[PDB]
Each structure stands twice: as structure tokens, then as C-alpha cells.
Amino acid sequence: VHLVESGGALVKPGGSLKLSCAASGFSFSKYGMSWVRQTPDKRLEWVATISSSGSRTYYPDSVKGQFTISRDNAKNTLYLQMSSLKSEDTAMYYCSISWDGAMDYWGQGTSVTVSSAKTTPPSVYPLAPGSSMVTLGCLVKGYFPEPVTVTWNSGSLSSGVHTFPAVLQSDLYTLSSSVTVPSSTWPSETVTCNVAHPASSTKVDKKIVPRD
Amino acid sequence: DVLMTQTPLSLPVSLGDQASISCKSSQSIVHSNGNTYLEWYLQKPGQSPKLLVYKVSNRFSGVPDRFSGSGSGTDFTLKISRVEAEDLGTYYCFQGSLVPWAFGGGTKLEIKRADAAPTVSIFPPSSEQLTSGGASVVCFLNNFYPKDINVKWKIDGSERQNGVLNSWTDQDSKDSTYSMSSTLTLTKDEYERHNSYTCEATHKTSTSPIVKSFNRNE
Amino acid sequence: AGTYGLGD
């Protein structure tokens, strides 16, 4: 019972990509199969379905004539060819087999990012409050590709820390990190966010300083 | 295209409790061959969806009998007799009767806890950012429950929606609260010819909104 | 041939 997607990658708008799904643990040529994708908003969209022999193919209107599902039963592999990709095609792509239901078993998925952005370091800005506890922050703005990591005082501050999910601003990512400490901790002691953006070799420390 | 709508959006439960999720179609899912191809899928956090129920009421292999599916025509229900930790995640219904195959938008089964007002903080743009010609005003709405909330921005007393981006955390694995950030990004020009910047948080814990403000010039 | 008759 094993499904392993591959082929996901970063691809430019207008570009093409071929996804693959290697199967094992069952009679491959017996089952119809499907592709389903999950967009960043966590919605699920059925993309394509193919009969066991590859004889019959099915698509929703939105991808008809643009996507092509195929399979190689001799190699126990399912394929999805995608063309004229747009930013909205950024998603996790899952293969599955059908028997009792539409998608009895799913793979772990392969990730597709459609974007023309180039590697770009974040700008890191301190968030000091314009004001028992006190909340500080760090703004990590305009980076690509994902991900970034943020810690506070090199990891000495773990409680009361959370980092909001990145959002797309233009075609760059932005997030903030929040830290809450006792009021007697800051500004009496120093509080610094540690930002890392591996793709761009970025490591930044930003100390938070009280506002007027 | 038939539409699948799920209610509620989110269902807060305590472990031990009974749970009921609803799924409705915009038209009858009863197929001409006498079957109703209504299916339920569970997606646990960080994992792939798994089949739970097919043909309305048939449990898939391995699925424990605390799960049960029912309903007919357009109205369907998934019930859980006693919710366990492993049951937490997003439940999607699915219809296979009509072209094209369609998923419902999902229902999150999440953890119930005591109500908590958000802690609201506002942060003026850093001087360093202004050197780059940009100005992002940030508002945190932290550690609130329940998850529903809305934020309003005011510039010089007037509401502002353009340039606002929001981000929501998933339910916190430690204290089961929720948080949200709101970021209003302006040009240096826009920021420097207005002075009063306000973040307004509305949440069921209070009749009046929580207001946080600063004056740029100060 | 399965629920959706996809088994040829």
C-alpha cells in the first residue's frame, strides 16, 4: 500500500511540468487512478482520473485540454502532464487509486510552485509596541523562496512564541513572528529575533527597541 | 456543476464528546443506477486525506465503528460517537454521482476550550523600513478563543481595506487558542500624510471592539 | 470492476 508522487518543482508562469506517481503493494493494472490537488487555502480539487488500462480519461472543465493523465502499467507509474501553468496552479498534487471510493488510498503528495520570482532575501524589521505581559514582534518582508525560520534570543524564549503563516505580497512572501514575555523581562533585558532565510544565505538578528 | 456545502465551518469538541458534521448538495446526488456516491475523507494535520466512508454509509477498511455516515438525496451527515485525539483534522465530503466530481470545502474538528479575549498590539513602521520607502503597520490579535474574529483598520478615523493582508495561525497545540496578524502596507507617501493609525478587534468576548492606536508624529 | 467501474 504505497503511493509516491514526484516531479513537483518551481516553474515559471506559462511553463510545463510532468508529475509521476510510483506505486507498489497492489495489482497496479487493476485499478483506476486519480490526481487531486490541494491549494494553499486547503481546498481539494479533483484534477483527472484514468481507467485501469489507460483506455478512458476524465477531466473537469477547468483543466480539459490543458492537463493530460496517463499511465505505464509495466512500470507501475501514473503520470500528469500540465501545460500553460498559472500562479493558481500552485498546490500539493496527490495521486490515488479508486476501488470502493473515488480515492481509496492517497500518496504523500508532490509540491508545485508556479512563480517567476527570483531568490530574494527578506527585509527584517523590529516590531515595538505603540502602547502583566508585553508583546514584541519581528516583520520578515519580501522574501523568496520559502521558508524562513524565526527564533527569539537564540531559542532561549520558547514559551509565548508563535510565527504566523507566510502570505504572498505581490509574488514575494511576508510573515511576522510574535513573542510574549513578562513585563519585567523587557525592556530590562534584551529581546532579539533571529531570522534565517537559507535559500539566500541570510541570517539576521534584530534587537527590539522601545518606541517614543 | 453541483456544489457541496459543509456545516459547520469548524466544530470545537472535547475528547469524549459526540460529533456531527453536515454535508449538503445543491442538487440530488442520487444516481440513475440507484446508488448515491457520497463519500467522506479525513485529513489529519500534515497528512494526506484518507477515505473514511463511501456510498453514504459504508465504512472503508480499518475505519472504527464510532464513525457512521447517513442521509439521502441532498442532506448527509457524518457522526462520531466518542471523539478521540486521532479524529482531529479536517473532514471533507465528496460527491461522485454527477459530473464533475466535487469536494465540499471541509469541516475542521478542533479542540474546545474556555473563551479568551484577544490580546491586541499595534506596531508603527520601523524607522529602518521608512528608509527603504515603505511603511508596514502591524497588528497582532493574539491567543483568543473561539477562532472567529475580525479586524478593522482606521486611518485618520476613516476605515481602510486597501493594502491589508491577514494571516491566521492554526489552533495552538499548547493552549488551544488562535492568533491572527493584520498588516497594512502603505507607501512612505501615504503613511507620512496621515497621522492616526488604528487597529480594531471584534470578538464575541466583548460587546465593544478592542481598540489600539498610535499617532505617527509622536 | 469497482464502485466507479474504472476497472477495464
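Throughout, protein chains are lettered first and strands after them, A, B, ... in sequence-line order, and every chain is numbered starting at 1. Side chains included, hydrogens not; waters and symmetry mates left out as well; all remaining heavy atoms used. Determined by X-ray crystallography, 1.6 Å, according to the entry header.
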Quiz prompt | Most-contacted chain for chains A and B, named by the PDB entry | solution =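 It sits in most contact with Microtubule-associated protein tau.
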Exercise. Give the PDB name of the drug at chains A and B.
Key: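 The PDB calls it gosuranemab.
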Quiz item: Heavy-atom pairs under 4.5 Å with chain C: which chain of gosuranemab has the most?
Solution: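 By non-hydrogen atom pairs, the answer is chain A.
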Quiz prompt | Organism, chain C, PDB record | solution =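 The deposit names Homo sapiens.
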Quiz item: Which residue numbers of chain C come within 4.5 Å of gosuranemab when only heavy atoms are considered?
Solution: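 Counting heavy atoms only, it's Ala1(C), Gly2(C), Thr3(C), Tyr4(C), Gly5(C), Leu6(C), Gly7(C), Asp8(C).
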Quiz item: Which paratope residues face chain C on gosuranemab, taking heavy atoms within 4.5 Å?
Solution: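 On a heavy-atom basis, the paratope is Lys30(A), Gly32(A), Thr49(A), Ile50(A), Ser51(A), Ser52(A), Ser53(A), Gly54(A), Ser55(A), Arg56(A), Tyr58(A), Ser98(A), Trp99(A), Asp100(A), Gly101(A), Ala102(A), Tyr37(B), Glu39(B), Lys55(B), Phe94(B), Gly96(B), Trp101(B).
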Return one line per donor-acceptor pair between chain C and chain A (gosuranemab) under 3.5 Å, naming both atoms and the distance rounded to 0.1 Å.
residue	atom	partner	partner atom	Å
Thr3(C)	N	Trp99(A)	O	3.0
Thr3(C)	OG1	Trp99(A)	O	3.2
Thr3(C)	OG1	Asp100(A)	O	2.7
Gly5(C)	O	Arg56(A)	NH1	3.4
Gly5(C)	O	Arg56(A)	NH2	2.7
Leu6(C)	O	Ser52(A)	N	2.9
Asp8(C)	N	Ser52(A)	OG	2.8
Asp8(C)	OD1	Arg56(A)	NE	3.0
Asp8(C)	OD1	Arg56(A)	NH2	2.8
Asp8(C)	OD2	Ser51(A)	OG	2.8
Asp8(C)	OD2	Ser53(A)	N	3.0
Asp8(C)	OD2	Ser53(A)	OG	2.5

Quiz item: What label does the deposit attach to chain B?
Solution: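 In the PDB entry, it's gosuranemab Fab, light chain.
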